[PDB]
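Structural view - N-phosphonacetyl-L-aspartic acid in its complex with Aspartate carbamoyltransferase.
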Amino acid sequence: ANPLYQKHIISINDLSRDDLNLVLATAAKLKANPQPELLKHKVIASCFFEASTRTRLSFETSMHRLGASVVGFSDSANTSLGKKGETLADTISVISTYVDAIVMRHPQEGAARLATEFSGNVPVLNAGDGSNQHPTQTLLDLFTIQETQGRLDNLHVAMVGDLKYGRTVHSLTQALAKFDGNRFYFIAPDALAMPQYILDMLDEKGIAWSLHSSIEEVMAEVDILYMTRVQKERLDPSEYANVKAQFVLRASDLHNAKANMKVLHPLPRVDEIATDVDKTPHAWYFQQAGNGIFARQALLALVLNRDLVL
Amino acid sequence: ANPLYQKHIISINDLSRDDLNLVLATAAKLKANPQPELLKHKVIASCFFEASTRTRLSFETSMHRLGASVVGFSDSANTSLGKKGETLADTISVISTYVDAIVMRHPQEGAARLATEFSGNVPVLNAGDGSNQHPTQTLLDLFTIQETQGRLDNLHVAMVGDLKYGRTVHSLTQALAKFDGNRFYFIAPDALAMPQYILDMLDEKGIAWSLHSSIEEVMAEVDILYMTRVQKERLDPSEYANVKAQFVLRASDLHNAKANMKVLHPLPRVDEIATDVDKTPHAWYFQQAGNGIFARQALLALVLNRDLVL
Amino acid sequence: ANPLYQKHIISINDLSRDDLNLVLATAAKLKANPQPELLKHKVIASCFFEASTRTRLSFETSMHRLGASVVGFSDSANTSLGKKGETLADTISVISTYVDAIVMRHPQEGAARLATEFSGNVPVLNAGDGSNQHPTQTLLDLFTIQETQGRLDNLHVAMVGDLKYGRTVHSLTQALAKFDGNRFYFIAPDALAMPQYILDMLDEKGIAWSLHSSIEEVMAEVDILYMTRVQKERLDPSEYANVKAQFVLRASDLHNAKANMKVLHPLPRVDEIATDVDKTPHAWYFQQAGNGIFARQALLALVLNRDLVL
Amino acid sequence: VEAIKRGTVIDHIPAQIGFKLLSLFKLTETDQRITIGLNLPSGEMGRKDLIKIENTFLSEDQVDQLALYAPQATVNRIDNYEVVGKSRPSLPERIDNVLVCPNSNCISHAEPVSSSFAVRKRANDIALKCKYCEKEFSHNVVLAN
Amino acid sequence: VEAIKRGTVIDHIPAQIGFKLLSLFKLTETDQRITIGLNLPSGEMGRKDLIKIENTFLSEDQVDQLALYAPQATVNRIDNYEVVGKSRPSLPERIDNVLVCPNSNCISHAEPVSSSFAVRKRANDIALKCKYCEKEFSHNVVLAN
Ligand SMILES: Nc1ncnc2c1ncn2[C@@H]1O[C@H](COP(=O)(O)OP(=O)(O)OP(=O)(O)O)[C@@H](O)[C@H]1O
Ligand SMILES: Nc1ncnc2c1ncn2[C@@H]1O[C@H](COP(=O)(O)OP(=O)(O)OP(=O)(O)O)[C@@H](O)[C@H]1O
Ligand SMILES: O=C(O)C[C@H](NC(=O)CP(=O)(O)O)C(=O)O
Ligand SMILES: O=C(O)C[C@H](NC(=O)CP(=O)(O)O)C(=O)O
Ligand SMILES: O=C(O)C[C@H](NC(=O)CP(=O)(O)O)C(=O)O
Ligand SMILES: [Zn+2]
Ligand SMILES: [Zn+2]
């Protein structure tokens, strides 16, 4: 079987560079030659316990493009966990008797990992667990960086905004750190800085990173400008001074951008990216979102189908 | 390609008589000879930002009867628009990278039109936008009027209740005005009268219309009695005297009804149609609702499938 | 008549050193020799639009001790301003046809000043207006300092806590600046610093003040340690990191205090003064509160009587 | 004083309209020299307003937007001190950007789109139909930004 | 053309301020002849705006407000075609009604009173202290509300 067959996909920290490249290679193949019946006779649970537009709808669309069926919920309020007091453990224990895989997003860190301890032989795919990990975001991000830059090595990557609570940047930094020669610029409010366990990991691998207080400092050298939303729903009340976006990218800020540079954003955006950016050649956040289909199809295929696709 | 292939379906004001007849002709064909795989490999978004029973469930049932898959939501509360502050524009910008068409209902007038400005090559079908338009209601209504009356020309049509906020009657009046010799009776509270832009349009085409203060005035001549619900969720507080239905149709009111006459109602009804009407031969609101399947199948087929069905 | 007869008491900025001394001398005399009939036949309004314990109760007790009657309200929810949409202007316009003086506290800066514009010949006494002024607190504070220190000049005075929103310290600093040779130590979070307009005033009068990051820094030299509560009901959400007391005075912190030093606090305290301070000889906040009676009686007597002989 | 070498002269503006034109079309948001005369004697009109803008030109569409406020105005295009073109505004098909839809429930108030209204003659008034909500209003009650 | 016999010429207005004064003082709400120059050359200040109004003089309030909006402007009064009075507008001690206190918790926002600010000339900017809340601000913060 392929190395990802029947594997839980919980944290980028658990995956290797080879695993990441495998997903991307599979994504390329399915995009060139769709296999609309590859997951025929699979039923997959889509269990979202906090809000989502892109992640849930792209995952379900991917399941349908591969011929699988979908059950689940987008709100926990009308599950028995919502109204009758059921634990998450018991919820997973029953759902795992029904379906071939479970895709879940949850407001508490660790929820996906917990699910694996109750799902038996059923794979859990983490669609986001509190401010911890977001591995399928990272897969589409890498696909998008590869598409636009031609490589995942030796890149200048700026990450901007709420790095403390951004599960997106925890996962993406851990992922890009598995490739060679990448350099990171972190542009965050002091209260929302990249967590030490990420920084320690970079130092371990001998990867260059530095803090900056403005986008303009780094604009001339970045290949990828990764903007993020302030995770207001994760903030402690003591952190409320940072609700508003501290860095706002506008079209005029892009004068000295490299021609190859792309502006990415896992979305949704509030005001951190002005709408005048949308029409510039550097804007790629919507193309990025569309790549979620190819990345999420690839992952489903690899986890649920024994043979490598070609 | 057929004239409606890949077209947005936003307002009856944008469609011609030929467009309307095309949908109806296609509805007849699919009803006589179902094509359960016509939209196989399509994935369609069903995005309802306000309440619905008939419109959403009939649309989704139609997608399934044609072999398409469905993703979406029936509530905006757990989308990223609901919880993370995302604009509708950005919501459409991402969903349009996933699906082959978007069906949407929204509490603000103009929402479907706005969606078309962000959906790229993806068709938007307006399932209702505030008190503005409801074009697929009109398609099933016309199918139902045609079925029961044998024509769409030279009919006596009464519309009763909340005409100001009824998106149903805005669309249906504009549609019937594209056929010849129809005559309208408007029975509404003064505060909830048919809007001037509808009346001006009638005057332009030289179509006879008149206001009446009772159903009984017109009962002897109407072929179609179109009853409506007071759109209480659209009312300004200053209009609250009109919450209760001002006209209540009961079985006894139908003594002098023409034998061919049908009572229609886009539903839901509150008290404007007493339950004793349900058993009379004039009641056709449930048959009407069932025709939503044929009209909505036809529209999906025409928009998403290049060739004319036969 | 006496200089304060029939005067509004809105801001310490409108009072002279002589005015303040007059109130303190009068308070000393009333404390020594009560005048239970001084305000006989006066009816006074006590109008509190935000919460109070000390200020309202000591004010009303003071009126009763001088023989006056009291009418008013301790919240505005059942006034016509609270239920019928009435403006503060009109509220003052009618109440001032009833009573001989108006004592008012209000959550908006400037409310007391505004009241003077509608009260005609009826004196208004400001019991607190938003985060602006609190002149009667300053009167009892000065009285207490004078009692325990023997003087109002050449003092070393520390003010700790929320100095930005503390109407108490805005009034107190202004009053103490009208005396000679006082020295100020301001110990506050950067976000809640003593406002610049207070500092500029101190500069223009050539008064020495300095900032400090800890109490112990100045403990050995202070005659008065004035502690304050974080005014959480005034904070902007961006300032919520400051809700907890940054500086917490405990009994152990007093080891190198001057023997004569008094700990004052206008109250209520949350956690900025631990209860183990209460039993020490330096704790004087309850005695301070007790002195509200004599200062407020003095003020009422001077405003409502042409002259006093005692 | 001092006639212009090139630019645009908007002549025969009705009284009380010159200022409205300047406000609405943001005509003074420029570094180009502008000359304005208000309540000037006309003879043809009795009283008129006059706007002169240097090094600045109006397309036919831009000229047409004036039709709502000054249908009888003359727009003179100036080059090398001479009038090289005279045009009168004609009623446009649409009015975009500058107006605000009076419907409080219109999507245009909440979202990043520009306002837009179809223009038509109704009786002796002008009716504006919002592209988004499709409601229609007399131009009198459709306010500007 | 047609120098005026009697009225007012406001000179030396900073660029991008002339149009603002026309609005704030409602100067175009008259039948009196007006001429306006915007972005006129100025030896004295590079570029300037200029407003001429026949048979009309600034009210006392308008003169007071002018000292805030355009300190270095020149107010010329004219009679029988001659400049009779000339001065930079006199700064007042108070200014009422027109300004808005930037303190959002000021009582002045919710209640039927006229705004009022103590005006004191300072070194670099000018200070406005609110009569009600007693807070003081730079006129830069009070203006452009
Ligand atoms: N070089 C210029 N600089 C400034 N203004 C000019 C210039 N040339 C023409 N104008 C102005 O343009 C307007 C029209 O000029 P034109 O020579 O066509 O007069 P006209 O024929 O009387 O105009 P109309 O007949 O349309 O009323 C006049 O108001 C005039 O002041
Ligand atoms: N009769 C008039 N009609 C219209 N404008 C006039 C009249 N007299 C003077 N002005 C204008 O008033 C302004 C001041 O005129 P003045 O003759 O004082 O010029 P000045 O000596 O250069 O003044 P300053 O030294 O203030 O620049 C000038 O811009 C001028 O065009
Ligand atoms: O929410 C963000 O800002 C980033 C990130 N966003 C998404 O996954 C997109 P969505 O919430 O629409 O599925 C996330 O962590 O949820
Ligand atoms: O709601 C009405 O009364 C008429 C009309 N009704 C429907 O479309 C039926 P439903 O809301 O169940 O989809 C509408 O405009 O939504
Ligand atoms: O509330 C404070 O912390 C200080 C001060 N406290 C008082 O006046 C005491 P009280 O609110 O009980 O009348 C105030 O400004 O209201
Ligand atoms: Zn609109
Ligand atoms: Zn104020």
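The chains referred to below are lettered A, B, ... by the order of the sequence lines, with proteins before strands, and numbering in each begins at 1. What you see here is only part of the deposit, and the contact count is restricted to that part. Both counts, for ligands and for their atoms, begin at 1 and track the order of listing.
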Item to complete: Locate N-phosphonacetyl-L-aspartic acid in the structure and include all copies.
Response: ligands 3, 4 and 5
Worksheet item: For N-phosphonacetyl-L-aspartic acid (ligand 3), which other chains have at least one heavy atom closer than 4.0 Å?
Response: A, B
Discussion item. I'd like the name of whichever of B:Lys84, A:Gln137, A:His134 reaches closest to atom 16 (O) of N-phosphonacetyl-L-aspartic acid (ligand 3) through any heavy atom.
Written reply: B:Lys84
Item to complete: Record the part of A:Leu267 in heavy-atom contact with N-phosphonacetyl-L-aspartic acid (ligand 3) below 4.0 Å; permitted values are side chain, backbone, both and neither.
Response: backbone
Discussion item. Regarding atom 15 (O) of N-phosphonacetyl-L-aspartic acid (ligand 3): of the candidates B:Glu86, A:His265, A:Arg167, which has the closest heavy atom?
Written reply: A:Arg167
Item to complete: May I ask you to check whether A:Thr55 has an N/O atom sitting below 3.5 Å from an N/O atom of N-phosphonacetyl-L-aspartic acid (ligand 3)?
Response: yes
Practice prompt. Could you list which atoms of N-phosphonacetyl-L-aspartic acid (ligand 3) come closer than 4.0 Å to a heavy atom of A:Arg229?
Written response: 1 (O), 2 (C), 3 (O)
Worksheet item: Backbone, side chain, both or neither: what part of A:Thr53 comes under 4.0 angstrom of N-phosphonacetyl-L-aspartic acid (ligand 3), heavy atoms only?
Response: both
Worksheet item: B:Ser80 to N-phosphonacetyl-L-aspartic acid (ligand 3): N or O pair under 3.5 Å?
Response: yes
Practice prompt. Give, by chain and number, all residues and nucleotides of other chains with a heavy atom within 4.0 Å of N-phosphonacetyl-L-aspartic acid (ligand 3).
Written response: A:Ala51, A:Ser52, A:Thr53, A:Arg54, A:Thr55, A:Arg105, A:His134, A:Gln137, A:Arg167, A:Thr168, A:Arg229, A:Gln231, A:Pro266, A:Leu267, A:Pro268, B:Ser80, B:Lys84
